[PDB]
Visitor: 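This is the structure, below, for whatever I ask next.
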There are 2 protein chains.
Amino acid sequence: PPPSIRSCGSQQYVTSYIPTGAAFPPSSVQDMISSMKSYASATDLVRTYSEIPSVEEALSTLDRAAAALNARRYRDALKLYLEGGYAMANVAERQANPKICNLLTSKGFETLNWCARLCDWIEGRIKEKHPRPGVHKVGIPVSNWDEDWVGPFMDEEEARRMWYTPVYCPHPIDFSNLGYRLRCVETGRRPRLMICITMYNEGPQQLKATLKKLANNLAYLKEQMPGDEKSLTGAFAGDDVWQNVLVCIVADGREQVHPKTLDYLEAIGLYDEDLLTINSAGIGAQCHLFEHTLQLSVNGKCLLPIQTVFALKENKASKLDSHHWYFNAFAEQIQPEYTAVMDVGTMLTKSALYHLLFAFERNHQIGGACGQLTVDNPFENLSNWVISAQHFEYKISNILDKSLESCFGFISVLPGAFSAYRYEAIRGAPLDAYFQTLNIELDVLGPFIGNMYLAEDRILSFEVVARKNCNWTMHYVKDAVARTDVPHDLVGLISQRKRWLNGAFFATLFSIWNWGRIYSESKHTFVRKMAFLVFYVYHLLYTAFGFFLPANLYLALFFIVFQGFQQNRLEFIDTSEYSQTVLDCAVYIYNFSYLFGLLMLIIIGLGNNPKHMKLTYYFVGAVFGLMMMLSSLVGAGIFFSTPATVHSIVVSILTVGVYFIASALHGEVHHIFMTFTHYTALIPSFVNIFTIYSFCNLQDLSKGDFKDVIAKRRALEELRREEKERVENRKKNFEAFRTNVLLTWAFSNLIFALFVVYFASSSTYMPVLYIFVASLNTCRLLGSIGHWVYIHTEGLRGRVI
Amino acid sequence: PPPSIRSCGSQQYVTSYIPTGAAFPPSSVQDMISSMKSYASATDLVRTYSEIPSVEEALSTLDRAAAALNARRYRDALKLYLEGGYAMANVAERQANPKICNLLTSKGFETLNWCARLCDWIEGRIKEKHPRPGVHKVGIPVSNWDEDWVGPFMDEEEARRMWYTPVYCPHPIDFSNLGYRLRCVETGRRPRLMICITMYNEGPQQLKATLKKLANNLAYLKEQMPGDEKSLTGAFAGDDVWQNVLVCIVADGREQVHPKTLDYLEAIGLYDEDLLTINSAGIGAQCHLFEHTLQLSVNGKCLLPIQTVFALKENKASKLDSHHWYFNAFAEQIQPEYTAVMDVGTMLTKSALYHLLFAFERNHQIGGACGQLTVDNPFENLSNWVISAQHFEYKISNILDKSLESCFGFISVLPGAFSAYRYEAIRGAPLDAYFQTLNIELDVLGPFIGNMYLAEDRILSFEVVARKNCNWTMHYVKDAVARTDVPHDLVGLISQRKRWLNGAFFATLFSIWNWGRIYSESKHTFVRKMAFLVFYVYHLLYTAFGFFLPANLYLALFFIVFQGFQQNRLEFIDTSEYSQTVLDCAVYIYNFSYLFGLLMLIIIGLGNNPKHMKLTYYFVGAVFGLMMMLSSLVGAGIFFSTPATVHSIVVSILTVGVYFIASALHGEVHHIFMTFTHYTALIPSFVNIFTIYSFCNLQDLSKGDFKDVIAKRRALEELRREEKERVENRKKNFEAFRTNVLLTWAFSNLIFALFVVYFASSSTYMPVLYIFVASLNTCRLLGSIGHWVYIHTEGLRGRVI
Ligand SMILES: C[C@@H]([C@H](N)C(=O)N[C@H](C(=O)O)[C@H]1O[C@@H](n2ccc(=O)[nH]c2=O)[C@H](O)[C@@H]1O)[C@H](O)c1ccc(O)cn1
Ligand SMILES: C[C@@H]([C@H](N)C(=O)N[C@H](C(=O)O)[C@H]1O[C@@H](n2ccc(=O)[nH]c2=O)[C@H](O)[C@@H]1O)[C@H](O)c1ccc(O)cn1
């Protein structure tokens, strides 16, 4: 028996008792339903309101249809798709904008055709697996077209029409199977060189500069003189090079892209928001790709056309995901010869591409190459110390380490900004191991492989060399100069260096672990294997020396300066005077300052992000810099006061002057003269702060009834709880690993320093350090000289062999 | 002109060009639409599928309607509500379960009535603000009813029917305005005592034990003898006490509640999932409240009925949110006299409620009270050291500190588990300052107030005492014993103590800062103000001594033991022998071990959660415990070897024997004898580990056209980005504050220790430490004696004054 519940939702508060008996008797609910007339008025109002559709409602219904389709529920998807298609078809007539009307009409027709196909599939007429809306790319005229633009030859269709398509491909390996195609393949062009420009949260100016530099490189390639020994021949000749080059600009997510970048892209005809909103309504695409042959004009000079494909990902992932999409999809479809990777803002010189291609074509044993990386405008604003220190570090690292490693044909790390490979040595296993993280969950891999995060360059570089049944070697080209932009503040440098150091350490450990694969699996010459063994020994010694660097720096500074002051070993002054208080005071002050600084640095680094601790980092860096400058002046005075000896001059040369000798040999000596002091002032800051912050923040990484409804809710809750538990366990394991590594490193350094400062004297310790440093620098100088000899001799001597 | 796009969605890949001209010509789209017959088949299939509705579809449509209503879009809400109501009305007949059929029919009728009311409101007939679906509570029979249960007197409606209602009230202050009512108010009962039992992720056994203990307390109150001086009279008499007590069980979220807890609650007739799923479909309620008068039977004894209200929150928030709901809504509606707060698992003795109520009624100057908190089964499993240490700490803290602070009528912290207030001294400003975090965003408050997180008890306790135009004092009742459950492992204790220590430190700073409000604003007696001034001086000295505790412990251990060994100051042995190597070796080993342990502890604490670092924490704790035990044995030997003096015996008494004297005075001496060694073995662990982990993890805390659509998307994106930036800035500020505090604390301790160990000797330092400790313990002993004298005298001497 129904109670008096006729007015229950209208009244503010109603209390009712609902008995569970033997269900409500029939013929009573009918009277209650039929006795209400307000329902008729409500239905009339709803029908009046629902007569006129809206664009937003149609788009929302299509989005819901896509969400239902992704959940493998097909009848609801069909109903929602039909509703959305009819709504869009009705709306299209009302709109006054011609472009909007045309897009709405086309989308409505496409949705209705997809509804028909899905209905046929449900009935069983069509037998397919995982049916999805058919691929349909739309070409529209570009809003801005430059009438005053002179080019080689442009078809009107190619010159005035920009093409768009949304891609749903979840695994990029299946891009070609799902039926997606690029304009280059359709037009019959077969590009031989591909360039990828990863982008994320960047201003328009950087992208404009990068595109201008690429256009200048293409122009330089076009004007190459024919009939010369040094001229490229074939697919990279003149007047037709631009048809063999494709530029893929991959963005990392619509949410984080700077709006002015989107405005600039729309200006050059590579992005349109209305088309993206309309044509991607029901697809639920993972990515949106626009295609054009863009034409750029700078000042009164018109550049060459660039065949550009702009791929914008809906969500946000890592740069490795952008490389995944680029390599797998575009390379496996186009099948090019070379493959260049660069970042946004990397401005190239006119001859960079020419030098890379010349090396690749002439040598032919090269599976990868990297150019020289420089700091833009180093001399300008010379008063800044961080910029000059970075310039010195880049120059010295390039010369010495890159030359030494390129002599043996194995470069430890390709920069990842302006590097190149050939798509024959990386097609198989090297790329599979490159994207191991993206294909396997971090739970299975473990903490060691997972913490090798942002170290992907070294993984690819090592996998190329040690490939089974192949002998691919890497190379370093000096003349391919690319200028980047560096942070102007200490905090920016500290933030930047963390990824570099984590990746370097763990990739170095991986390479040391797996170096045997070169001899066990690869197919190299015996001479190459012996050279690799020598380089392996040198690499082990260098890494071992670099692991104990803070302790060695502390010991050197302490012994030389402060125990020379305390125990009368400075030569330009005598400390046999003084009241025995200053002599101990110097050592005590040094020890207390060093220990307090290290404690503060480790607390800050393990504690918080280095953005709100700007003042404290600046203070610690200033203290260490003043200490290092004072120590350098004292050491210079000591060296010049000594009457000099053969051993002294030999050690001084092989320790310090190797930098100047190599720089003068390669002709880049003025930069060293300008920036030597600035780099010297930041050595302890570099070592201590960067290593501590790298180790401390190692954790950072990426129909049914009622019972069916209840079961679904319970299953969803259980799955969510299991997922949360798994994520928690993963984070626990990675935190444990990073803490163990940091404890081992710090305690090893402390124990070494204490044992050497208590049981050893300066006279019985300093010669060993001098010998070690001299040996390392002698090896590096020999490597640099060998690289210079090769680069200046092999060109002439290739005729002999 | 339309292209050949008839087959575009069906085909795998189609390329089309959509010209933007002057829109598609008319009379061409009509032919294309009318030339397709597959649309008719698709429409027929959709109509056939959509003829039969489903429960899940109706619930989903109602949920979408609620979401639209919360967005203030009313026409779409009306349409979706009508669709859902009609769907549920149609479905109700098909279902075979009588309860489901009745609930579906009632929900359909209620939804249709709400649709009519909303239509009238839209037309303008009804003038209201923020209209919502009318409040409608449903009473249903309980599934399990105990026929064999003897009680005082139960109405059949109250005994067999459980009531449910969903509440949407966003601000709990408006609970009574929106029209929600409780069964107690409807029935005319006016409870005088309310008990809140906060729950989150708990097993059934703890809740069962808590309910059994509460029933036993009610039974003890019922059997109170009449016509006695010590017997309560009035609303807490016999045979009718159960009608004046209400128990509110507040849960923290459906997602995290243990399923067995829900099963047990459904067993006792306090939860039903079907009713919750059906009746909360379209309301979008913030909380769901069930009401019952539960009857519990344990073994062959039948307990008393308990008037229970179970409030389950949809989402998850803090315990402060549960207190917000409880206090504001239920207290402001019922308006009780007293208000007791306890946690789940707090098992009470039979006389706890009687003692609390007796104190409140007889004294009448008390605005809050707290009972004694004990560890359940302390003697059992005595081999565990953590449990015994916690038992000793609880007993000593209770006796000394609670007695001393209760003598002055100001208890620093009420436990929050088994505490009580009176709803006259907290109604206004104290509760407003209690929930300041929940009403004001943490951005405005700042880092100091925000970091006072989980310190709410101290805030309420201080706000009660210093209330303007009132003189409320707090009290401590010794006989109200409540037994809790403590962690059995070191890691659990470390995890638990962080909240306590953070809250204690920052609330203590706040109280010290704002102590002047008692004299400036409150209205106390002059004697009370002088006593508060004395207590303020003592509080300042105690806090200052506690801030420098690690340094003092290190200095005491070092000086006494290790410099007695090195410099021949142990009395039971002479070290004038030995080869001068062991004498320095002892000090060097002690210093190195202490420093390495502290470094490891700070690295681990600031780095990772103390759940995967179990072994390292255990190792450090074991090292410190062995050190402390050795030091204690050496000190005992030194003390017993000395021929003793008046100064020596006085210092020894006032330093160590105060614990035993006070414990014997209060009769709880055997526990001290059993647990003294266990507490002594963990003092350095307590101090160092708990303080470091507390300071390191301080950061932890809680119609339209196309252009309108584009504007909406852009506005949503901009709002999301601004929200993300604000959250990032807030976290940055709080991290900076915690790091500054930790650096200040650690460096102050280190500098103090170094300066005192270099410029001071043991003979010129130890007497000062002895005097300080003796003074503090003398003050605490005097406080305990005064409290005992009061509690044993005032009862007899109240006749005089
Ligand atoms: C630092 C680097 C350059 N200034 C840079 O910042 N490169 C970024 C990077 O490498 O992270 C680019 O990576 C992409 N990116 C970034 C974040 C993200 O979440 N997703 C994403 O795709 C963006 O395009 C971003 O420009 C410089 O040239 C350099 C110097 C020496 C060297 O040995 C290597 N590199
Ligand atoms: C530790 C305490 C008791 N063992 C306990 O654990 N209490 C919890 C707490 O206080 O946090 C309860 O708080 C609620 N809670 C918890 C988390 C959440 O996210 N939400 C939420 O509501 C839960 O009911 C939870 O049982 C013990 O009795 C005690 C001893 C001495 C003392 O001075 C104070 N207390």
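Order of sequence lines = order of chain letters (A, B, ...). Numbering of chain A is taken from the PDB entry, so the residues present carry the numbers 40-741, 762-860, in order. All residue numbers given for chain B refer to the PDB entry; the residues shown span 40-741, 762-860 in order. Below, all heavy atoms of this structure are taken into account, side chains as well, without hydrogens, waters or symmetry copies. Counting starts at 1 for both ligands and their atoms, following the listed order.
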Visitor: To what macromolecule is ligand 2 bound in this model, taking the chain with most contacts, per the PDB entry?
Guide: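 The chain with most contacts is Chitin synthase.
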Visitor: I keep wondering what the drug at ligand 2 is called.
Guide: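 The drug is nikkomycin Z.
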Visitor: Counting only non-hydrogen atoms strictly under 4.0 Å, which other chains reach nikkomycin Z (ligand 2)?
Guide: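 Heavy atoms that close belong to B.
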Visitor: Per UniProt, some residues of chain B bind UDP-N-acetyl-alpha-D-glucosamine; which of these have a heavy atom under 4.0 Å from nikkomycin Z (ligand 2)?
Guide: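 Counting heavy atoms against the UniProt list, it comes to B:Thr237, B:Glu241, B:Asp291.
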Visitor: Just wondering, does anything else (ligand or ion) get under 4.0 Å from nikkomycin Z (ligand 2)?
Guide: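 The list is empty.
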Visitor: Find the transmembrane segments of chain B with a heavy atom less than 4.0 Å from nikkomycin Z (ligand 2), using UniProt's numbering from the N terminus.
Guide: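 Those would be UniProt segments 1, going by heavy atoms.
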Visitor: Show the binding site of nikkomycin Z (ligand 2) at 4.0 Å, heavy-atom contacts only.
Guide: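 The heavy-atom cut-off picks out B:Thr237, B:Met238, B:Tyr239, B:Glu241, B:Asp291, B:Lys355, B:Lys358, B:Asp382, B:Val383, B:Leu412, B:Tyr433, B:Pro454, B:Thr523, B:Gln535, B:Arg538, B:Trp539.
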